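Data first, discussion second: the structure below is written as structure tokens.
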Amino acid sequence: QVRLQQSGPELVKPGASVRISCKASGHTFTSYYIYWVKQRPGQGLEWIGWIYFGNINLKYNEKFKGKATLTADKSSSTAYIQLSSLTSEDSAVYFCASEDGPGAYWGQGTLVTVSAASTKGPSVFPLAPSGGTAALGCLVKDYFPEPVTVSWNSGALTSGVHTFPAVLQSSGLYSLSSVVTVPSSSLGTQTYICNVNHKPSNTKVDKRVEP
Amino acid sequence: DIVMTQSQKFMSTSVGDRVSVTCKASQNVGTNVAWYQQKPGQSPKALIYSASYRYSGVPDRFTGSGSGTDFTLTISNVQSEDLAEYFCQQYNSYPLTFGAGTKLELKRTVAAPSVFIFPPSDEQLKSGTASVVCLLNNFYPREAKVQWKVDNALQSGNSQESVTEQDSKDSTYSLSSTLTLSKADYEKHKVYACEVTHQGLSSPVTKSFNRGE
Ligand SMILES: CCC(=O)N(c1ccccc1)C1CCN(CCc2ccccc2)CC1
């Protein structure tokens, strides 16, 4: 019966603020709650607070007071969360969630990306293939912030490709490797390009990998 | 804050098996505990409320149980669409707290890693920093241990692992281990080896090169 639908993804700057919306459709009555939940990429869920549409009662998670402001419009059946004084710690997907009778519903999520004050494009170094399958790749080092995007031979090479999840180095900069396994007989006859895109710095780096 | 501990970060199952995902609360939360499912990209889906009651639309193979401090989500007769991450949550007191999550992954035959080692590129050697990379390719199960031995000396602190999500075609994992040195220290050592122990390896395999081919 109930459909939660949220606002589009936000791309904002440090110190700024955003207001996300969650419209609840399918309710005839106001006797329902909207819960807000935070999920940083590859992390667990964190509860932010809730707002009750009957009387606009509120509860915040204490560590989000001052960060999150919750408001509700009964008239358009829309809940809002405002996030203020944005930092890198705030970049996440924000879900809304609600219950109705025996059912439970979540919105599609709203991704908030807080941009970096200093951006670094990846240094892309070849992982050169020194039993009958060879491994080769590209080391994608010292980029910031997330994300990176790696392709091989402009999309023509996919089987055997592993692009590893980024690891945050001691330098605060991300590093990853993208590798492929190919038949060793092809090393002298097939060219291998890794295509790396890092959009925060408009970096597109296409790197040749030869034995 | 009440801590919801899910001691199992990964669990393996076959289709048809029965699995139990466990959750322990740091304080007494009665039965006010919920369970959620999340697949990559998708929003979380609420499964259980009050420890043992199903939300609307939840199949009967999802049974929750437990009370007080210990809670369990059991999935009987696992289907392919049940492979996901599972979170427990308490709502008995504020703040409401989720657990760390348990990823339910597909069981398969043991597969030993194909091991490869890459020397640093001469390009990067100009950076004053040298990165040696060791790849463990398409292995199972997830558990692996990599050691870096430079001129036979065990390394520590100066290395970082990264592991892929389970493959949706052959159900394997892959792992990369990167050893970061200064070009200074790289040039005053000769043998570079990554040592791989794995359940599919009948004895530990070391892959290595001598600086200078
Ligand atoms: C942090 C989110 C959260 O805690 N919850 C939630 C879950 C999904 C969507 C919105 C909110 C629930 C809060 C209260 N329920 C028990 C009350 C209940 C039970 C069954 C039907 C209706 C009401 C359990 C967890």
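Below, chain A is the first sequence line, B the second, and so on; all start at residue 1. Just the heavy atoms: all of them, side chains too, but no hydrogens, waters or symmetry mates, feed the values below. Read the numbers this way: they start at 1 and go in the same order the structure lists the ligands and their atoms.
- Considering ruxolitinib, penicillin V, ciprofloxacin, fentanyl, cefalotin, the one found at ligand 1 is fentanyl.
- Taking the chain with most contacts, the partner of fentanyl here is, per the PDB entry, HY11-6B2_Mu Fab Heavy Chain.
- In this entry, the other chains with a heavy atom less than 4.0 Å from fentanyl are A, B.
- Name recorded for chain B in the entry: HY11-6B2_Mu Fab Light Chain.
- Between B:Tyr55 and fentanyl there is a heavy-atom distance shorter than 4.0 Å.
- For fentanyl, the atoms sitting less than 4.0 Å from at least one non-hydrogen atom of A:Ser98 are 9 (C), 10 (C), numbered in the order shown with element in parentheses.
- Among all non-hydrogen protein atoms, the one lying nearest atom 21 (C) of fentanyl is A:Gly101 O, 3.3 Å.
- Looking at fentanyl, you'll find an N or O of B:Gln89 within less than 3.5 Å of one of its N or O atoms.
- Every atom of fentanyl is numbered from 1 in the order shown, and the set under 4.0 Å from a heavy atom of A:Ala97 is 9 (C), 10 (C).
- Comparing B:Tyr49, B:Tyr36, A:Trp50, B:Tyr91 against atom 6 (C) of fentanyl, the shortest heavy-atom distance belongs to B:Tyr36.
- Remark: minimum distance from atom 12 (C) of fentanyl to any protein heavy atom is reached at A:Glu99 OE2, 3.3 Å.
- In terms of protein heavy atoms, atom 11 (C) of fentanyl is closest to A:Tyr35 CD1, 3.5 Å.
- Binding site of fentanyl at 4.0 Å (heavy atoms): A:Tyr35, A:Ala97, A:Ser98, A:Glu99, A:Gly101, A:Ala104, A:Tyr105, A:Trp106, B:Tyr36, B:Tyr49, B:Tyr55, B:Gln89, B:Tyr91, B:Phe98.
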Tabulate distances under 3.5 Å between N/O atoms of fentanyl and N/O atoms of the protein, writing both atom names on each line.
{"from": "fentanyl", "atom 1": "4 (O)", "to": "B:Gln89", "atom 2": "OE1", "distance (Å)": "3.3"}
{"from": "fentanyl", "atom 1": "4 (O)", "to": "B:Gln89", "atom 2": "NE2", "distance (Å)": "3.1"}
{"from": "fentanyl", "atom 1": "15 (N)", "to": "A:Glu99", "atom 2": "OE2", "distance (Å)": "2.9"}

